[PDB]
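So, a structure with papaverine in it.
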Amino acid sequence: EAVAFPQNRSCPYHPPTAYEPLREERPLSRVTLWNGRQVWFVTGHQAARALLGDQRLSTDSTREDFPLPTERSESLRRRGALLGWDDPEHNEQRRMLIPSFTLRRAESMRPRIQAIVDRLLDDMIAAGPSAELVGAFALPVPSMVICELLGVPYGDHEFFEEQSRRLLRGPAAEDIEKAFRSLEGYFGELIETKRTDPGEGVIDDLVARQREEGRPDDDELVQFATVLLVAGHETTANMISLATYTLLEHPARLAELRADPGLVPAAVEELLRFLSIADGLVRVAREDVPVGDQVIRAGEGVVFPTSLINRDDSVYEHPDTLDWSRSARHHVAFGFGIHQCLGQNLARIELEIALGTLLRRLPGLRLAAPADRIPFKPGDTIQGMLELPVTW
Ligand code: HEM
Ligand SMILES: COc1ccc(Cc2nccc3cc(OC)c(OC)cc23)cc1OC
């Protein structure tokens, strides 16, 4: 009768079935972790937005009291740049990157994103009448965009796409570490190069702050480049793959987007909301935080089940249904407040161009395998498809 967290989805595009009873307990419920530790489970949309702006919640997975949802994550110590930091140190870091992630900067990259998407679909269409869309499209689009974002030179695009793929797919754990060391090593060299080279992108922008205000040291700069890739790659890739699967499993919603390409921006917001692939943001209370007449005591864990929060029926009528006309505004698929996704302006435009161009170019797109033989991620990680066999 106590509900374990995290759990696997049964259906790639719905929250795990066991959480259903807890949806009625707003704004706070509770779940049990692998070791019997109980944590708060924020089911209320308004409560979730208020808590995610609260400086008394911490992302510091270095603390002995930080809830590690799995036994496997028990090995989490170094603090990860931006997300693994509290303010003021977190804001100091974010302030240096924010100017690279304006909506104007997002908008300026449309033609570069269009060219990446067009090149990958041209290659996929030329290669044959079927594809594994995760490897052929969903995985390389976001890593190639992050190339353009960071200012990786064209000649290095292949190496970068490959090493970023090993990072996610790494046949062996040794491939994941070699890829990581290879990219950190590579970012090191590219910073020296960009000292004695021109360059547009986040890396040149941070070489500029460095000179102009001593600001990012070279090790910090490498950490920023690494987290940007890691935060930007699988999230975007999994939205492309699971959005596609989901669209193919809802023929009448897919037909409305084919009919009216103008709906695609609204559709991307509704898919972010409905899919909520960044499921289960984790905090610990540093101090007592009240919510109504309930108190989250110092040292107690707080889990934000993105997928349920984005299906709060006091905000979204018929929340478990895909609807292109119902405002998906104020969704928390990119989080909210202190740690709200830095790359969300860019992510939205990648999704709009990737899905918009796929639909335009491949009107016959359909699953090339039965939908229940297609593997998807377990409950303890970013949700999404591991493969997506398609034909057209
Ligand atoms: C569909 C794509 C994406 C989704 C669904 C997504 C989701 C999220 C979420 C939910 C958070 C908040 C995590 C928490 O509060 O615990 C986050 C943070 C972040 N995301 Fe994204 N994200 C996406 C794309 C990207 C991209 C493209 C970048 C590119 C650089 C990026 C960089 C970041 C960074 C740096 C943070 C930490 C911000 C901070 O600590 O202040 N993300 N993302
Ligand atoms: C800056 O640090 C990061 C930022 C984002 C990510 C990717 C990510 N973003 C938001 C929510 C996430 C939520 C996740 O699990 C529920 C997850 O599993 C690997 C990755 C997530 C990884 C990061 O690396 C530690």
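The first residue in the sequence is number 1, and the count goes up from there. Heavy atoms only: backbone and side chains are in, while hydrogens, waters and symmetry mates are out. One-based numbering, in listed order, for ligands and for the atoms of each.
Within the model, the positions assigned to papaverine, copies included, correspond to ligand 2. Taking the chain with most contacts, the partner of papaverine here is, per the PDB entry, Cytochrome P450 hydroxylase. The shell of residues around papaverine (heavy atoms under 4.0 Å) is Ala81, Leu83, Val227, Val230, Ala231, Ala278, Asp279, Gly280, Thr381, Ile382. Atom 17 (C) of papaverine has its closest protein heavy atom at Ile382 CG1, 3.2 Å. The distance from papaverine to the heavy atoms of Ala81 drops below 4.0 Å at these ligand atoms: 1 (C). In the deposit, the organism given as the source of chain A is Streptomyces laurentii.
No covalent bond joins papaverine to a chain.
Nearest protein heavy-atom contact of atom 16 (C) of papaverine is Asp279 O, 3.1 Å. Less than 4.0 angstrom separates atom 25 (C) of papaverine from none of the non-hydrogen atoms of the protein.
Near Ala278, meaning under 4.0 Å from one of its heavy atoms, papaverine places the atoms 11 (C). When hydrogens are left out, the protein atom nearest atom 22 (C) of papaverine is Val230 CG1, 3.9 Å; that is the closest non-hydrogen contact.
Residue, atom and distance of the protein heavy atom nearest to atom 9 (N) of papaverine are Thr235 CG2, 4.2 Å.
Considering only non-hydrogen protein atoms, atom 6 (C) of papaverine sits nearest to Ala231 CA, 3.7 Å.
Counting protein heavy atoms only, atom 2 (O) of papaverine is closest to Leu83 CB, 3.9 Å.
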